[PDB]
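Structure (with 1-deoxynojirimycin).
Below, chain A is the first sequence line, B the second, and so on; all start at residue 1. Whatever order the structure lists ligands and atoms in, that order sets their numbers, starting from 1. Excluded from the calculations below are hydrogen atoms, water molecules and symmetry mates; all remaining heavy atoms, backbone and side chain alike, are included.
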Amino acid sequence: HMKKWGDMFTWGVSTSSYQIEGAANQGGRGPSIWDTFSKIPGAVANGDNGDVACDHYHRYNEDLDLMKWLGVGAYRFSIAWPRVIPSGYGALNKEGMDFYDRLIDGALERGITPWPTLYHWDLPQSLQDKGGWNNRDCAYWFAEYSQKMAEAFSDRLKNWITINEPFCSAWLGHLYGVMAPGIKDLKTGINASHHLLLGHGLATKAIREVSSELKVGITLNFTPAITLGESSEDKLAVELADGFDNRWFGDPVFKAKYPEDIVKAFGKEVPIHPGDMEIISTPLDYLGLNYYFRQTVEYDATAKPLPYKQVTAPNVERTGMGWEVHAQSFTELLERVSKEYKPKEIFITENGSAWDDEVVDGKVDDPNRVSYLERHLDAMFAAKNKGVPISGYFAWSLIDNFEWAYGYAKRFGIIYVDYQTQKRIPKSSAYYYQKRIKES
Amino acid sequence: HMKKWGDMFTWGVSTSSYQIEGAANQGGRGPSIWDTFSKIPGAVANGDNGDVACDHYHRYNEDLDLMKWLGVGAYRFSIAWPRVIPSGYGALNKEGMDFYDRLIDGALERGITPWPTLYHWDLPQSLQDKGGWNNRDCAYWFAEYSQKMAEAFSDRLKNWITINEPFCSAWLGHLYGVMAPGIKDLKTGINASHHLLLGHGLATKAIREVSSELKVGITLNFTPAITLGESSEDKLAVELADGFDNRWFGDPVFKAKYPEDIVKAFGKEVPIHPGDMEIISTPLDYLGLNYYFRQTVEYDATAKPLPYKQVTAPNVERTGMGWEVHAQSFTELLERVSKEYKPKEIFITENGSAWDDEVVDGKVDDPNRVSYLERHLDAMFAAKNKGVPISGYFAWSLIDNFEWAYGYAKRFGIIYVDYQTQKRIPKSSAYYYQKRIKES
Amino acid sequence: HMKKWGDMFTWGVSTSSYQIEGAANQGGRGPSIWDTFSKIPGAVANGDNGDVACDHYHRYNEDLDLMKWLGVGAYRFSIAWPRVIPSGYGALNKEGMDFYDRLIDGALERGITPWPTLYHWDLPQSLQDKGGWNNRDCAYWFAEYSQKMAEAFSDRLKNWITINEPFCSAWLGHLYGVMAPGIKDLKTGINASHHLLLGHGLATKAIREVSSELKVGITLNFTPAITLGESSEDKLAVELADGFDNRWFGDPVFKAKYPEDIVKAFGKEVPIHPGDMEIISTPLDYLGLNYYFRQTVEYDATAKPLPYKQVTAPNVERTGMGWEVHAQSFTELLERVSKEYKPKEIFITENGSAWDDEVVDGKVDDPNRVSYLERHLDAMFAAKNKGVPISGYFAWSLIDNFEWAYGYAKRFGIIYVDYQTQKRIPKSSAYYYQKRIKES
Ligand SMILES: OC[C@H]1NC[C@H](O)[C@@H](O)[C@@H]1O
Ligand SMILES: OC[C@H]1NC[C@H](O)[C@@H](O)[C@@H]1O
Ligand SMILES: OC[C@H]1NC[C@H](O)[C@@H](O)[C@@H]1O
């Protein structure tokens, strides 16, 4: 499983539209559910929103220059659906499409392959007003949007990702209400999860109809579950958390079914129509895998919707998010996914870490982020050397940005953003990543 | 046979002088046999000629910049003998030599290693008027020209190629008359083949006399032969086609003899003088291998000079040239050459494909050329992983150019040339090649 | 030993402060022992000195541009102790610190990792006036200087080297008197060797106290010894020369003891205080290995301090220094060092060769330097493929420079320096090294 001649590996960085673009009410853009959600008192730390963010809508040439300087071969970005179709379905916003044309063409001029993500959580509010992902029609609206983007951009862009982290859009957005649109209802979360996955499948078929050379995948985040206890009920807690976070989304895509143990525990029906599971399980060219941390759980008969709770394990390394740092879990997750779901290949579409950064003498020295990055790259390559088909790695993120309900206080960039001036300052982790790209 | 530490691989692009330079009657250049041949009604499609071509004589800085942008480490180009010695033998044209000085120095400033080919078919007409390659003296004229080029440029240029594709210069130029100088006579083709190969050997010795650190090879195109029939006579047809196309030129270089079955079938004498076969078979640092397609043949008792004919096999993928696409033959050819001729190392000095390209919105999306390139690189690395010493790959061609008797209608570039404006437009295949160079 | 996914390799070039900087009495710099030594007639060939050298203090941006052009990932340089602390201990010289800040920041802007060496022989004369390395306090002065440099620069610089080639500073500087400070006394050489090594250990501990992520090593030159004789006394000569050159410095660092056979043969006491050997042998992240040549010796009962003499072996290839070229010794040395001393990893911090160069038509063609470089890189990778953990290679040197007692007459650069104009001219070896960096 050692390197052989001709083998390739792609190095990238990742962002998303609402987190960096700004220009939220400029260039014809319509509001997203995160514009609305960010206006709710208490929804986002410090009352932050994405109105300006990193002003990447105006500063994209600088950010593209930083990518070329890093030496990445690829740039994972998302298209803001409400920027290009403000009404969700209907007329294209030519000014919005022109922005992505300039972004794409600028990347290609610099030798960077853009990897578009079609849905990274910024659903048009116009479609939320019709029920959003609770409405089955939203899967079809998404597929039509996806087709239009492929028709516009696939002459240049050959590697597509449909949706990003349906776990967050479905469960965090519709069951726990801590992400847009902020709904708290199990049935709604179930419906949303099915329509996100159906949208993925319909969009995949729509993209392939544009051209047979195009590649398509989905990005799923996986959160491996462990328990500190030995009781059978604590082992059940691990099984339930794994089903809720991981198998609920992986099983439809790769096995054409929902995990029966979770379906039974929910006691609700997934709104599956004829043809849905064939569409959701349509073959993919790759899995986009997001990994950051493992969760520690224990049984809790009182917890809902499933009888387990999170545990904060003692004496473990944690990031500024409070997330456990455990790179060995990354290796084991990659091996598990390859055996369980057998994706043709895997791209790490996100991995990274957030820490308290300080600017000293105009510079940012972030050794904790360097250490996380080094150890997780090592863990990834450990899996690749065992035969897991990992074809590339995208660092989350190129720049500090709007970290959803945490706002701007949580910095994931390898490049620092001073939001007072929009100055970009490469951190120590940027120089480390630059070296790794060149010298591997 | 996997990668080991220290192993190297060279990525390049290839062109030739008459096909790109233009400035055919500028800078003191004298006419070549292709200037003459292109003036004959019916000799070249659409009446095309190389008077202007890609105007690389003036635009070489842009083309070198495109090479740096692609990331190639090497540039295979040819020196126009009639630009540097218009009378074929005698005085150097200082203006022509200064052009190659500027080209070479510009490549080196950009980190690109130029690989000069001394003869890529543009014999000075002054020498054709004395018999060209039919005249034994032409081997010596070529060797003197080669010595002068090494004396001028080998302070910088360490890797030389003498001649390119003697199959074309000898048989297509002097037996079939479809390439310059347009002669149609078997004995003349035999004489030309021997004097091309003798010129190669004399030039190799002359270059090594300039400096012992210099490396020298020859570029041969090989066209593997198959048959769809099972008869013994169709198997004989394969042997005859292989002998005519491949062994006629490979056997003198690597085995110091002409293939006896073809000599006997011709019924003519090769004009071999004392010392010739030792000179032709002088040890080489590498073979430059050109590969594009395999030929399908069958026996034909009426055919001349040998009793076989070409067959257009049914239901196979073909390029815009009508050439079969069969990358597995590339792997098998590389393995066979390594066993049969055992060159110290192999450089793919040409491989590529031509398709009808369309400019849409100022861009050129050429998925069929991308696919050919991907599959032939895969096939080449398959041979390298079996132990074949392939040390580099040069894509034919950087830019669309004058495709000999096909004229400009046949486009081999990974960069499109709009001949009305001389604009260069990178095709999808350019972005693919750029990625492969970086990420392998 | 199987190249695997994730393995890295660092390509660099090396210089040192006194050899390139110039500006010896500018920018607040205080004199070093080499400023003083170079003023003594007969100490340096042609009366050369480092007053101007390559004027890199003023031309560093040009030199950094040349490094970026070569494509190196790393730049090994030394900090001039008397430029940053002119009195050796005490006040920092802000102008000197600012120079290294600009150098470091310029390298990082270009994607180059600076590798600082803290002591490359330019001891402040103010400290020599107090006994220099003969004075135990010099080990502590060095450690305090090292701590201040890490405090200033380790926000950016993570890989440190303490001292370079104590063989030269101790034996050539204090026993043979052919390098600064020009002393000729065995006991002084022994004292100096101990305080250099103690300084290394104290500085390593001081650097690690600044930040636990910092890496530290030492650079040792090793000169493998052979004999042409078969007698038992000539085999003893090999053991003595190996002990004098190599084990005297390697054994303290990696085995916490001085080689007992050499201690006995000297018959002198090393000024070891309790605790010193634990300090000297403090664990290192890597060994910086310098290799240029092997020595041939024979027994000589009359020789001092040890009964052997150098032999000039007949009929071997030699550089312009008179040094034997024998790349196989490099492979065997790397294997031996890894087996006997087991450094966690090895960086080749210096290897290279000097030849008489000639400028012809504004260019420098140096095939003998190319050949040495090619063969020693091959020999290094042979050791890596046997499992030796060689993580990078730094060519000595980026530019021609002041070759100590040989002056400017001995040119080690892959880039030529015309000292009349300070023009930099890349040699053939620069283009070769550029290719190796890209294509390996
Ligand atoms: O939480 C960090 C990172 N993980 C997942 C999301 O895709 C991304 O937008 C977010 O910023
Ligand atoms: O036919 C394509 C290509 N192959 C052979 C020749 O070397 C080159 O000049 C030509 O353009
Ligand atoms: O002698 C060549 C080279 N060897 C070792 C020294 O570190 C360096 O300064 C010197 O120039």
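By contact count, the main macromolecule holding 1-deoxynojirimycin (ligand 3) here is known in the PDB entry as beta-glucosidase M - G1.
Other chains whose heavy atoms approach 1-deoxynojirimycin (ligand 3) within less than 4.0 Å: C.
Binding site of 1-deoxynojirimycin (ligand 3) at 4.0 Å, heavy atoms: C:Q19, C:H120, C:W121, C:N164, C:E165, C:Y292, C:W323, C:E350, C:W396, C:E403, C:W404, C:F412.
Considering backbone and side-chain atoms together, C:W121 places no N or O closer than 3.5 Å to any N or O of 1-deoxynojirimycin (ligand 3). Those atoms of 1-deoxynojirimycin (ligand 3) that come under 4.0 Å of a heavy atom in C:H120, given as number and element, are 6 (C), 7 (O), 8 (C), 9 (O). Of all atoms in 1-deoxynojirimycin (ligand 3), listed by their number and element, those nearer than 4.0 Å to a heavy atom of C:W323 are 1 (O). Taking every non-hydrogen atom of C:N164 and a distance limit under 4.0 Å, the qualifying atoms of 1-deoxynojirimycin (ligand 3) come out as 7 (O). Applying the 4.0 Å criterion to heavy atoms of C:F412 picks out, from 1-deoxynojirimycin (ligand 3), the atoms 2 (C). Note: an N/O pair closer than 3.5 Å links C:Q19 and 1-deoxynojirimycin (ligand 3) by distance alone.
Considering only non-hydrogen protein atoms, atom 2 (C) of 1-deoxynojirimycin (ligand 3) sits nearest to C:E403 OE2, 3.3 Å. 1-deoxynojirimycin (ligand 3) has an N or O atom lying under 3.5 Å from an N or O atom of C:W396, backbone or side chain. Protein heavy atom nearest atom 6 (C) of 1-deoxynojirimycin (ligand 3), with residue, atom name and distance: C:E350 OE1, 3.5 Å.
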